[PDB]
Undergrad: 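This structure shows afegostat in complex with Beta-glucosidase 1.
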Amino acid sequence: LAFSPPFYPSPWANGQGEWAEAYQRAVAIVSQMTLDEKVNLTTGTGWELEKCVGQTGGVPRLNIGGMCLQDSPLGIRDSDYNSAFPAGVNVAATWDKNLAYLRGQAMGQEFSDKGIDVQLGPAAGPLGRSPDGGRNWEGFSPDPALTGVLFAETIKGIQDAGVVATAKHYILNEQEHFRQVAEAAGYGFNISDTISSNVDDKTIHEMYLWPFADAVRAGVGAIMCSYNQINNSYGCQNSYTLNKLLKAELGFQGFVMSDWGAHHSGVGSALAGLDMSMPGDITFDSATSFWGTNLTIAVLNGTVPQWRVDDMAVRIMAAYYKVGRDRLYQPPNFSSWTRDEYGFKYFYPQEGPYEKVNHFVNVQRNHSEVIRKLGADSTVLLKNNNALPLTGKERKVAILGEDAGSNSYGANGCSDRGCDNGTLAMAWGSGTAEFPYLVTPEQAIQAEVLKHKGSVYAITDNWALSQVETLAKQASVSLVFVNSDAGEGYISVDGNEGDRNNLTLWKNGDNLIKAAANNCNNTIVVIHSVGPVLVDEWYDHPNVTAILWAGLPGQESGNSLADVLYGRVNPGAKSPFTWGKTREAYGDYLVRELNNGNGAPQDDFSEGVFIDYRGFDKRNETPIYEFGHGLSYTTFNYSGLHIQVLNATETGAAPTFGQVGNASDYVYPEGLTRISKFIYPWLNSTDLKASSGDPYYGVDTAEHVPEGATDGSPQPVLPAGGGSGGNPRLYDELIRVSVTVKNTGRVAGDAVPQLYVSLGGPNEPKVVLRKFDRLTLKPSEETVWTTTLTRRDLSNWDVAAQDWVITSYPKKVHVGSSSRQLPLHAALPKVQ
Amino acid sequence: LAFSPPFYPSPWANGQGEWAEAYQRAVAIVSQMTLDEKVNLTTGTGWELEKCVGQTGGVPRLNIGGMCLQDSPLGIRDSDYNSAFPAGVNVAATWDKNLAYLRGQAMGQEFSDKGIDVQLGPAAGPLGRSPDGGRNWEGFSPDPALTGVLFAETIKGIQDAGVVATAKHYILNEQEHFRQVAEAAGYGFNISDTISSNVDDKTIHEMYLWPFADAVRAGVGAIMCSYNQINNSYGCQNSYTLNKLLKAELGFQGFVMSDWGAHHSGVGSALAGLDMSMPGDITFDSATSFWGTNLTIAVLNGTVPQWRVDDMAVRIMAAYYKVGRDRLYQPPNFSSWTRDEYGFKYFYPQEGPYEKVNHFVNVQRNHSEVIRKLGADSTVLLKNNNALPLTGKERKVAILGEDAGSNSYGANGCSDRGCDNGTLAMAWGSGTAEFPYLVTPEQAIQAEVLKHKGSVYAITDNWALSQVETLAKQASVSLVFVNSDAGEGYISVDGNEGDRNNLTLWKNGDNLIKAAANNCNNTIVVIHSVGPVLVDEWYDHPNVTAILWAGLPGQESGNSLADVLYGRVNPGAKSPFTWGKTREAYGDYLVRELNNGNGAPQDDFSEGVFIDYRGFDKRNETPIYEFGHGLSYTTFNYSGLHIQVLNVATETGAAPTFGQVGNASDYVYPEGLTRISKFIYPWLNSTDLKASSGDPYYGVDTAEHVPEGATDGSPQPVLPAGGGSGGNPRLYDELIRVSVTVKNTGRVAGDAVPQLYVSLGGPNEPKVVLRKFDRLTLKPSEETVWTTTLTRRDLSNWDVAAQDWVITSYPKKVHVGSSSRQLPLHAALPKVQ
Ligand SMILES: *[C@@H]1O[C@H](CO)[C@@H](O[C@@H]2O[C@H](CO)[C@@H](O[C@@H]3O[C@H](CO[C@H]4O[C@H](CO[C@H]5O[C@H](CO)[C@@H](O)[C@H](O)[C@@H]5O[C@H]5O[C@H](CO)[C@@H](O)[C@H](O)[C@@H]5O)[C@@H](O)[C@H](O[C@H]5O[C@H](CO)[C@@H](O)[C@H](O)[C@@H]5O[C@H]5O[C@H](CO)[C@@H](O)[C@H](O)[C@@H]5O)[C@@H]4O)[C@@H](O)[C@H](O[C@H]4O[C@H](CO)[C@@H](O)[C@H](O)[C@@H]4O[C@H]4O[C@H](CO)[C@@H](O)[C@H](O)[C@@H]4O)[C@@H]3O)[C@H](O)[C@H]2NC(C)=O)[C@H](O)[C@H]1NC(C)=O
Ligand SMILES: *[C@@H]1O[C@H](CO)[C@@H](O[C@@H]2O[C@H](CO)[C@@H](O[C@@H]3O[C@H](CO[C@H]4O[C@H](CO)[C@@H](O)[C@H](O)[C@@H]4O)[C@@H](O)[C@H](O[C@H]4O[C@H](CO)[C@@H](O)[C@H](O)[C@@H]4O[C@H]4O[C@H](CO)[C@@H](O)[C@H](O)[C@@H]4O[C@H]4O[C@H](CO)[C@@H](O)[C@H](O)[C@@H]4O)[C@@H]3O)[C@H](O)[C@H]2NC(C)=O)[C@H](O)[C@H]1NC(C)=O
Ligand SMILES: *[C@@H]1O[C@H](CO)[C@@H](O[C@@H]2O[C@H](CO)[C@@H](O[C@@H]3O[C@H](CO[C@H]4O[C@H](CO[C@H]5O[C@H](CO)[C@@H](O)[C@H](O)[C@@H]5O[C@H]5O[C@H](CO)[C@@H](O)[C@H](O)[C@@H]5O)[C@@H](O)[C@H](O)[C@@H]4O)[C@@H](O)[C@H](O[C@H]4O[C@H](CO)[C@@H](O)[C@H](O)[C@@H]4O)[C@@H]3O)[C@H](O)[C@H]2NC(C)=O)[C@H](O)[C@H]1NC(C)=O
Ligand SMILES: *[C@@H]1O[C@H](CO)[C@@H](O[C@@H]2O[C@H](CO)[C@@H](O[C@@H]3O[C@H](CO[C@H]4O[C@H](CO)[C@@H](O)[C@H](O)[C@@H]4O)[C@@H](O)[C@H](O[C@H]4O[C@H](CO)[C@@H](O)[C@H](O)[C@@H]4O)[C@@H]3O)[C@H](O)[C@H]2NC(C)=O)[C@H](O)[C@H]1NC(C)=O
Ligand SMILES: *[C@@H]1O[C@H](CO)[C@@H](O)[C@H](O)[C@H]1NC(C)=O
Ligand SMILES: *[C@@H]1O[C@H](CO)[C@@H](O)[C@H](O)[C@H]1NC(C)=O
Ligand SMILES: OC[C@H]1CNC[C@@H](O)[C@@H]1O
Ligand code: NA
Ligand code: NA
């Protein structure tokens, strides 16, 4: 079986780069803390014991309120009077750094105004190994350069608005199936440990880790480690991914929290680089924790060095100070577990004062504007045979498909969005927010038609084909809506356990489109979906005159779409993944059956880097719509490529901050009423063994602590580390590339120039994206797009050097409008 | 068994009153026609043979195009790019003569622009004997005064727009069960003839006949006789209702058409006062007709007098001229049977030239505006505990109920509206039109809330009660939508064979309302229905803060309602029927089982005049909401009632004939004409009359089957109650002027609906009966004096001994106020005669 080698000690923070001020403030306050106070920062207080999806107890003697951590990557979960933004995959479809940022900012503002300290998002893991993976839509794209840039801009927007962002899930959680042992049991499978993603060192560096290096360099304050194992070592105690890759090589200065139920040991995880346990207990409301009491004991008994807990507390306070949360602090003014105005303060056991638990604060501001805009700018026009934009003069409009209409249970009528009923504007699981309302395509397109005194109807039963056919024969234009949904693995909809069982349109979508197109010579298909779907049965039908993919647009869905269909917005989005002829064309199959008996299922990433377009190009397969493809209401020309060549070895010793006293300093204080299931830092008595309750307490302890796990002496800086996101020399700019871009059509709009490189060598993809931008040009207007290639951009990861190297194979650059339409190309000059 | 006494001969037209010019022009043209041409005017061409629901062949030699007759009373049926107006019941709820006229005008304009000559509406029969009758909603109100006045204004709007209106159904078609034998057989019932409505002479004059007297006096061109029998004689050959009540007593000058399949004999119907057979065949596509060829033969063989057939022709041409149809004529520019651009000219057999059958003419103009306004102005506010109007500042709005949302088959996705899915804006059967679009309450209310930056959702599955209760707990206001549907008897939805099986909300509505009100202290109920529904289980719930009934609003439903809920329109509508505690409180049970073996079921109207509020008041029962009840966002005061007393041929001419009849050979099929399969023609196969009729009863006991008087063309007496239009003109003398001051005593402009009831006196008269009303717009503090007059008819009762209206010697009283039960002003009336 795959093996995960050790890397110890867990590196300590050092005030790196833009962290210097936040780290000095964190060390000044952590220095004042007792051991039980430090431990309070590191451990949640128990599932649904307070207000937020995750919440720590804070340090009240030092005026630090408990840290409130809340989903989701696309808006506040489990709350009220908040907005529901389009999903991360829509941000990927915009290819628009500025919109990713502005969406970050608007979410940060709403979370901050609910008294939330830490947003659990954005996501870049899953990256998207498999097109049917259940959570790819929360992240961005299976391409690392596109994902890493939009991930980083999202982070910066959220943190500039004063909320800590949490880059998740770290790392290789590329499928829902078998990701948790209790979930698998509920779905009929008996496994002893979760699925192990088994991945070679070059692949992890070139693909899955690269957006985390961007998040790190962009200043992300938190990282959430993942439920799966990596080479048979759990993500939240994997010393290789956490100590070596994240903290030593990428130089991460913030804190690593567990995913909920992903914490699997106290001592093991603390020494392997975990800093925060969520929701704080061992299983939900077990009243036991691998940390809390147990971590205070682990330090008192000498097994976890003081410097390790001290560094947890410094990383946690430093992220909180880095975003300025201290200046915006207020306790969470809502409850994730009830919408009632009043309730017992501690929800799960219904204890504590009976008091106001919701204040109904309306944090929406004018955020519907950025959502409606980001929806229109993420609507990919895949096909347009001169059918769009509409004019408003069409005499009779047929709106067809359940995906155009209302969810009959209300927009929030399925818990965590766990159904696919009515228009699909948000997929399911934790990656969700309550809509404040939901504008359906039916509502916005019928309003638009009635404004022009046209005739219009909506048929929203996809087996009502008699009516579809009759109305399609009478219509000037048939707008046909179809979807495909997916989500987090703890929910199953129609037997899809988070992951999609296939890429075919749900709810009779293919037959609905063929019924319309058999009868209307102007059939326009609109797809809402978590990722690609199969279109081969109808996309080339002669009466299908346009096709659009609008992703998961959030609350302004129908208005975002109408703006595009009626020409208020000229679509600029590009596909952020590949649209293949068959599921086989993508390869990268999910592990859907036990393959290691009743042990952990083994998920070998045997394709290496060759996911999505890199795999189609390697196999010489032709996509229907390639990565980077999207049309516009105008045309663009690219010409005039020009290329120009441009002109610490050790750490400190681990520090300790403050003093640790005797056990009797950490016994429960006598005036305090202990709330049932609440997780505390304190001991029942000075008897360490008895207060831990651990059946393994004090047995074979040293043989269970890896060599070096307690070494606080100065360490070597890795060749590829020493900076933020990697050695700073990786970010030196080596080549500048320019091209001229002209709008040669009649409509103002945006181009998305894309710069790919070919790094050369027998095992490298033919082309890999490295730069892009989204440039607004009026008709006939031109501009020069200039960008630069860094040392990292031209490197490959060398497993023998443990470093990025520019290999000696000759490299080329290609610029154009998609991964398959690259009219400009040149050999690059040799650089090192 | 009830018996229907004979009345012969069938009165001939005479140019009465406003018909003088139309009659002269009809005589002049019918004088030029051959017998087969005349017959062509009287008989439709066969079910689906041409474009319109009914269609005659016309007279091409004299450039008279075939007459195109199309449904419905609320908009053009079976067509395209037309509007869908609110139902006649909503017009009744407006209590607004002007809006009634404006709706008729906007409908006549649309019909005229499609090349339709005759609109099959409006309807005042069923009047509304039973609250569960399947078609009451197409008419107006169970009250004859409210109905007759709004029926009349609807007819004047249509005919002023140049289309002939058809007052239907004449008469006593008060229920759908057993109305047609083949329908009854499709539902498992074996009957040899249709339901017989059996009614006494005073009741028919005081109730069912009264709105038709108004129709006739307002100048209606056509009348459509009914499927039921009346005292065991079919509506379309009932000499008593057609010859005596309609043509002699009411003096009707236009033409009587059959309902479709209501024509039951050639000779018998022509002599009993029928003028036009629709759709022209005996059963759909039978290629046989009681008229056409048979009527030509019946005149040739001496059995139907030429004067009778000339009179049919003159009544038909006179109605056509009277509305100026000849000045707007164009062939129908759509087909009722297909939406294809091209097709065979003769749809049913797919014969004739292949040519353009649809021109897709957009006739809607800006009629959405009158629809929008009339839906708002017909929304009755039944209860409002200071909950409405909404301000727009409600922080979270729950829209609850399938009736708020879309029909998932599309607004037109159920044929003839034969389902109750999504918002109910139109009930089912022939009384329907294709929506151009349908704005749902969900759409218009969610749009209003988003304009104010509120939060809003719609739950539209009425068994999703977990979600309903969760959202209702979170909401500032919960708007709960519920409905109850019905329609014409040939369609059954959920076992309701046209008629409603109960007056309970459909689709779990009572449980939905209780789920919302148990959780939300500001639950507002909105009812779309064909008539009253039982509200006893929740109307008085402490968290039910407002209740509205919005009827069947047509295509602008959601916008009409939002205009009211948000106070752009202050509701002025008033209930046009009673809301009782139980079904038993209304009495008047439908006949739902065979009670005459396998012969015609018998429907005895044994309550006499005591239907709807007259029955409740007679039984001393308290309605939840009485007839005439509606609240406003302002208040009104009525004061200062004052009463002021104010200051005909005896024989007809002889029956004329116009033009000449020749030999049987003039009427044989023309040699060079292709005869279209199933098409009905006026021509004979040969000069053999017997063989050309194909009638198994031809020449059988003929004399015995021709009623006494039926061929009598000599001068007739004028009935004491006849001699004018809608009755002897002395009935319309104004005898009393009544005035009262109405003041808006509140803070917002609005419409008051003053109502004037009389008590006629006498042991068997209703305690009060509506006579006058108007709808008056007043600004805050403004006053106005409402003045109206009572006519001799208004103060009379029908005396069966005299056969005339008589002001009886019991002391009479006037009562004025805001409903049938809120009448603060009363005055004794002085003796007048
Ligand atoms: C010139 O050319 C013309 C065009 O071709 C020729 O016209 C044909 O003339 C024939 C006579 O020669 C006609 O045939 C006879 O028709 C009658 C009338 O039938 C209709 O009306 C019935 C009710 O009638 C009353 O009311 C009408 C007006 O509404 C009056 O006109 C009648 O006079 C009669 O009036 C009395 O009652 C009213 C009150 O109700 C009073 O106010 C009056 O004061 C009078 O008292 C109605 O019931 C009939 O309905 C039947 O038919 C419908 C289908 O059309 C169907 O939907 C109904 O369910 C019902 O079906 C049942 O009956 C029919 C037959 O009629 C069966 O086939 C069927 O299967 C069912 O049983 C209809 O709407 C009709 O009554 C005559 O039939 C009676 O007499 C014959 C024998 O003479 C019997 O064989 C029949 O069974 C029947 O017997 C019943 O009645 C008897 C009373 O008379 C009684 O003794 C018996 O006990 C029995 O119960 C004839 O069928 C033919 O209609 C007409 N064709 C056209 C196309 O117009 C003309 O002949 C020719 N001239 C010359 C000189 O050659
Ligand atoms: C790890 O994080 C966890 C989670 O955040 C931290 O746990 C929290 O620690 C808090 C202390 O920082 C502790 O706070 C206590 O709350 C109690 C309940 O308060 C609520 O109910 C009261 C009473 O109705 C309301 O007044 C109040 O507003 C709340 O609604 C308080 O009662 C405690 O107040 C006492 O201590 C504080 C100072 O901490 C005094 O300011 C206050 O006056 C009270 O002082 C009395 O009691 C203390 C000790 O209990 C005495 O030392 C003092 O002399 C006073 O004694 C008199 O009164 C008591 C009875 O009232 C009487 O017996 C005595 O004889 C005298 O007459 C305090 O505010 C949270 O409950 C606790 N959270 C949970 C879930 O357990 C933990 O500290 C963190 N750990 C570290 C190491 O940082
Ligand atoms: C007066 O005249 C009116 C008009 O004719 C008469 O009304 C009819 O009354 C009938 C008798 O009540 C009604 O028939 C009943 O219909 C009930 C509801 O059927 C619908 O809803 C259910 C439940 O839907 C939920 O669950 C679905 C499947 O899980 C889900 O898809 C759906 O979205 C709903 O979800 C919510 O709830 C679930 C859990 O419950 C949650 O998980 C979810 O999150 C949501 O919260 C659905 O199954 C069904 O297919 C349909 O769409 C039925 O439930 C009744 O059937 C039960 O009881 C029967 C005994 O009565 C028994 O045979 C049967 O086996 C069931 O146990 C029943 O069919 C009818 O609809 C009314 N028609 C109209 C037009 O209103 C009225 O009866 C007359 N009144 C009187 C006094 O005479
Ligand atoms: C009772 O009402 C019915 C239905 O309205 C009338 O029946 C129609 O009568 C009209 C007028 O006579 C008939 O019209 C004839 O149609 C023929 C076919 O016309 C179409 O197809 C041709 C061939 O492709 C086209 O070229 C043409 O434009 C039409 O689109 C015409 O060809 C006839 O006109 C000429 O033909 C005859 C040949 O016999 C010659 O005498 C002349 O040269 C003449 O120019 C004619 O127009 C129509 O077909 C009838 N309809 C049906 C359904 O049968 C009755 O006439 C009316 N009865 C009374 C007594 O008024
Ligand atoms: C600590 O004491 C508490 C309360 O007495 C007891 O419930 C708990 O089990 C003890 N913990 C351990 C590890 O024994
Ligand atoms: C008249 O002639 C047609 C065509 O020959 C024949 O089919 C039809 O049956 C006849 N009508 C009658 C009453 O015989
Ligand atoms: O559709 C034509 C006729 C059918 N029977 C009912 C009438 O109201 C209608 O106009
Ligand atoms: Na086809
Ligand atoms: Na309650």
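By convention here, the chains are lettered A, B, ... following the listed order of sequence lines. Throughout, chain A uses the PDB entry numbering, with the displayed residues spanning 22-668, 676-860 in order. Using the PDB entry numbers, chain B covers 22-668, 675-860, in order. Read the numbers this way: they start at 1 and go in the same order the structure lists the ligands and their atoms. Any value given below was found using the heavy atoms of this structure, including those in side chains, with hydrogens, waters and symmetry copies removed.
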Undergrad: Please list all instances of afegostat by ligand or chain.
TA: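 For afegostat, that's ligand 7.
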Undergrad: Which other chains are in heavy-atom contact with afegostat at under 4.0 Å?
TA: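 Heavy-atom contacts come from B.
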Undergrad: Taking only heavy atoms of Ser451(B) into account, list the atoms of afegostat that are under 4.0 Å away from them.
TA: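 Once the distances to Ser451(B) are compared, the set is 1 (O), 6 (C), 7 (C), 8 (O), 9 (C).
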Undergrad: Any idea what organism the entry names for chain B?
TA: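 Going by the entry: Aspergillus aculeatus.
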Undergrad: Among UniProt active-site residues of chain B, which is nearest to afegostat, and at what closest non-hydrogen distance, rounded to 1 Å?
TA: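 By heavy-atom distance, the nearest UniProt active-site residue is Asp280(B), 3 Å.
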Undergrad: Give me the nearest non-hydrogen protein atom to atom 1 (O) of afegostat as residue plus atom name, then the distance to 0.1 Å.
TA: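 That would be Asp92(B) OD2, 2.5 Å.
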Undergrad: Counting each atom of afegostat from 1 as listed, which ones have a heavy atom of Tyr248(B) under 4.0 Å away?
TA: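 In order of number, 4 (C), 5 (N).
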Undergrad: Pairs of nitrogen or oxygen atoms closer than 3.5 Å, one from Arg200(B) and one from afegostat: do any exist?
TA: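 It does not: no N or O of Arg200(B) is found under 3.5 Å from an N or O of afegostat.
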Undergrad: Got the closest protein heavy atom to atom 5 (N) of afegostat, with its distance?
TA: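 So the nearest neighbour among protein heavy atoms is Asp280(B) OD1, 2.6 Å.
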Undergrad: Heavy-atom contacts under 4.0 Å between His190(B) and afegostat: side chain, backbone, both, or neither?
TA: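 Near afegostat, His190(B) shows its side chain, while the N, CA, C and O stay back.
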Undergrad: Before signing off on this row, confirm whether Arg156(B) and afegostat have an N or O atom pair separated by under 3.5 Å.
TA: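 Among all N and O atoms of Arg156(B), at least one is under 3.5 Å from an N or O of afegostat.
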Undergrad: For afegostat, note which part of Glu509(B) has a heavy atom under 4.0 Å away: side chain, backbone, both or neither.
TA: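 The side chain, only.
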Undergrad: If the cut-off is 4.0 Å, which other ligands or ions are near afegostat?
TA: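 Nearby: nothing.
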Undergrad: Extract every residue of other chains having a heavy atom under 4.0 Å from afegostat.
TA: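 Heavy-atom neighbours of afegostat: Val74(B), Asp92(B), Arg98(B), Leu141(B), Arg156(B), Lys189(B), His190(B), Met245(B), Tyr248(B), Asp280(B), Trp281(B), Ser451(B), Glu509(B).
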